[PDB]
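Bound complex of proto-oncogene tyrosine-protein kinase receptor RET precursor and vandetanib.
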2 protein chains.
Amino acid sequence: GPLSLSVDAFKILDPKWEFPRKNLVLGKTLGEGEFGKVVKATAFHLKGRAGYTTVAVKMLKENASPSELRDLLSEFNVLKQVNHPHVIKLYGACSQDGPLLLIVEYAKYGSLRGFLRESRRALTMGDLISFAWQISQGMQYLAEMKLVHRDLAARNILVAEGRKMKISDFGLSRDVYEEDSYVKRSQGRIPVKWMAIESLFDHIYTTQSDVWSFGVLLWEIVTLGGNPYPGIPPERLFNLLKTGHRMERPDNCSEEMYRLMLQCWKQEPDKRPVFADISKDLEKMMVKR
Amino acid sequence: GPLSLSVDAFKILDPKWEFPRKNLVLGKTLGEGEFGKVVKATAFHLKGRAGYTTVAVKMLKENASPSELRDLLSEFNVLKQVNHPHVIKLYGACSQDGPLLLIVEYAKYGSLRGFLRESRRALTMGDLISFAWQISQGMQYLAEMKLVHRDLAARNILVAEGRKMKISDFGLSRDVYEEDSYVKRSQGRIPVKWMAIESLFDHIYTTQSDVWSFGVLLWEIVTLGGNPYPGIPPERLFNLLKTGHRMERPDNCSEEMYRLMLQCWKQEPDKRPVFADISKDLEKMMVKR
Ligand SMILES: COc1cc2c(Nc3ccc(Br)cc3F)ncnc2cc1OCC1CCN(C)CC1
Ligand SMILES: COc1cc2c(Nc3ccc(Br)cc3F)ncnc2cc1OCC1CCN(C)CC1
């Protein structure tokens, strides 16, 4: 099937991306998600860097399904193609003898959500706008490469040295060069509370559904890692969204910030802003403060 | 889409299966898997039982995707239809106001794998054959109801009072009344090392692929909860199975037991035994010992 073909094609291919397993040393587990497991690691003589370099490594969990393996392969295939100061940087993979291991630049502070939840440490509204803005700039880049990310969320953004946002977790990202949508017949593996209404109901994913997600991400940022639609079970989200409900304005959120959230959550995809207008909106808020 | 329809139809339906949330009290987490989370619980005045009854409750994890929600709904829909001494028994669900909670009879010893791994406690080969036989009897029942379970594995069998096997985790089970196969276009969420070769390569699932899985389950039983294809990365399983390799005979396994494993792992589905012959094979081994 499609996977066996990919596995075979792969297992027979770019020396630019091959790293020798014997120069990688694995360490403590940093995180496990629905698709893969990340460890801290160190790499010897990585891409012309002398000595060891501290890195992070993603790999399959115990008892991986074909689905999770398609996702790892595909994340690897997307990571090879993207370069941006605000997208996670790929160094290579070990693929030969042993499990597939993707090697990326280590992000000092880990996930944005963890970073926010551990805060009050003391962050200003200008910091929060700055964080959102860096992501929007990463997103406008991905939108111009004709990728839909699909999994935008505070847990899938990393925070590197000097509080730099790196967009992460490219396993669910799809190419939309041809038709400007990605459509998935069976049910998605993205959490329901981050999904655009037309992704929920109609399985349509676009840059405008990434915008919806960013809307939710903004709320996570503003609430310092709060839980979206708190107390509300995911199954209730069908009826809640279709009848035109959205999340209340949270505490410590301007009216201008909240209106941006709402414009990202418009029922009609075309009424939402594109990432370039989002970046302009955020620059304008930063400067006014 | 299909899910929004199911959610709406559901959220408007059988009093036989409704349990009042206010008579359920939830307790410690027993387990989390790829699809749901199980807690220990107690239920007051459950289905005509006086006082409290100790039960287990399955629910969605944090940040459930549509996929996991389809799975919970569907597990519930299958559990309503099956009754067998060796299939987990369903008591009801809380579905009204609050998250969906499926309530099942509590299995004293938890998962078969955990049960085996904690053993030497002292189990005989006759115990192991007995365990396999009870499962095969459950499976022959499910095969006659025209279900393919798809997720057969030691981790998805529970051990109740008096060492009784309960087949569990019906989220991936499909109806095959019409065509005797279930075919899935996108990639499956069942671990690769339990999957029949035609499920791996061609996305075809039948009773004969459940047999393949039982083959693997037998190995887990015989090795007392060993890890299938140990040391081998899942991605290597395509080429390893297609070139006709299977797992070696493990220690403490008769030649007759091993030949059954191999007959379950035949390349051609039709050469494998049906669950009735499996049960006969196992009865015959029990009696000869
Ligand atoms: C789950 O946590 C991390 C994931 C990382 C991560 N994840 C990741 C995402 C996609 C891919 Br491909 C590979 C990865 F390693 N990449 C780089 N640096 C990371 C760094 C991470 O955390 C670093 C923190 C640093 C602070 N202490 C409190 C805990 C660990
Ligand atoms: C993950 O562990 C369990 C799962 C159970 C379980 N899981 C389950 C499967 C499908 C559905 Br629907 C609902 C469920 F609760 N059902 C009934 N009893 C269970 C009992 C379980 O474990 C009981 C053990 C008992 C022994 N101690 C060491 C730990 C807990």
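Residue numbers start from 1 in every chain, and the chains themselves are labelled A, B, ... in the order their sequence lines are given, proteins ahead of strands. When a ligand or atom number is given, it counts from 1 through the structure's own listing order.
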- Task: State which other chains have a heavy atom under 4.0 Å from an atom of vandetanib (ligand 1).
- Result: A
- Which UniProt active-site position in chain A is nearest to vandetanib (ligand 1), and what heavy-atom distance, to 1 Å, separates the two? A:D151, 11 Å
- Task: Tell me which other ligands or ions sit closer than 4.0 Å to vandetanib (ligand 1).
- Result: none
- Query: For vandetanib (ligand 1), is there an atom lying under 4.0 Å from some heavy atom of A:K166?
  - Reply: no
- Message: Taking distance alone, with N or O pairs closer than 3.5 Å, would you say A:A107 contacts vandetanib (ligand 1)?
- Response: yes
- Message: Measuring from non-hydrogen atoms of A:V55 to any atom of vandetanib (ligand 1), is the shortest distance under 4.0 Å?
- Response: no
- Message: Heavy-atom contact check, 4.0 Å cutoff: does A:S168 meet vandetanib (ligand 1)?
- Response: yes
- Task: State the UniProt domain of chain A containing the majority of residues contacting vandetanib (ligand 1).
- Result: Protein kinase
- What is the overlap between the semaxanib-binding residues UniProt gives for chain A and the residues having a heavy atom closer than 4.0 Å to vandetanib (ligand 1)? A:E105, A:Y106, A:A107
- Query: Measuring from the heavy atoms of A:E105, does anything fall under 4.0 Å of vandetanib (ligand 1)?
  - Reply: yes
- Message: Just wondering where the covalent bond from vandetanib (ligand 1) goes, residue and atom, if there is one.
- Response: none
- Message: Below a 4.0 angstrom heavy-atom separation, can you tell me which part of A:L30, side chain or backbone, both or neither, approaches vandetanib (ligand 1)?
- Response: both
- Using a 4.0 Å heavy-atom cut-off, say whether A:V57 meets vandetanib (ligand 1) through its side chain, its backbone, both or neither. backbone
- Task: Identify the organism from which chain A comes, per the entry.
- Result: Homo sapiens
- Query: Which residues from other chains neighbour vandetanib (ligand 1) at a non-hydrogen distance under 4.0 Å?
  - Reply: A:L30, A:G31, A:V38, A:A56, A:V57, A:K58, A:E75, A:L79, A:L102, A:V104, A:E105, A:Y106, A:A107, A:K108, A:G110, A:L158, A:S168, A:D169
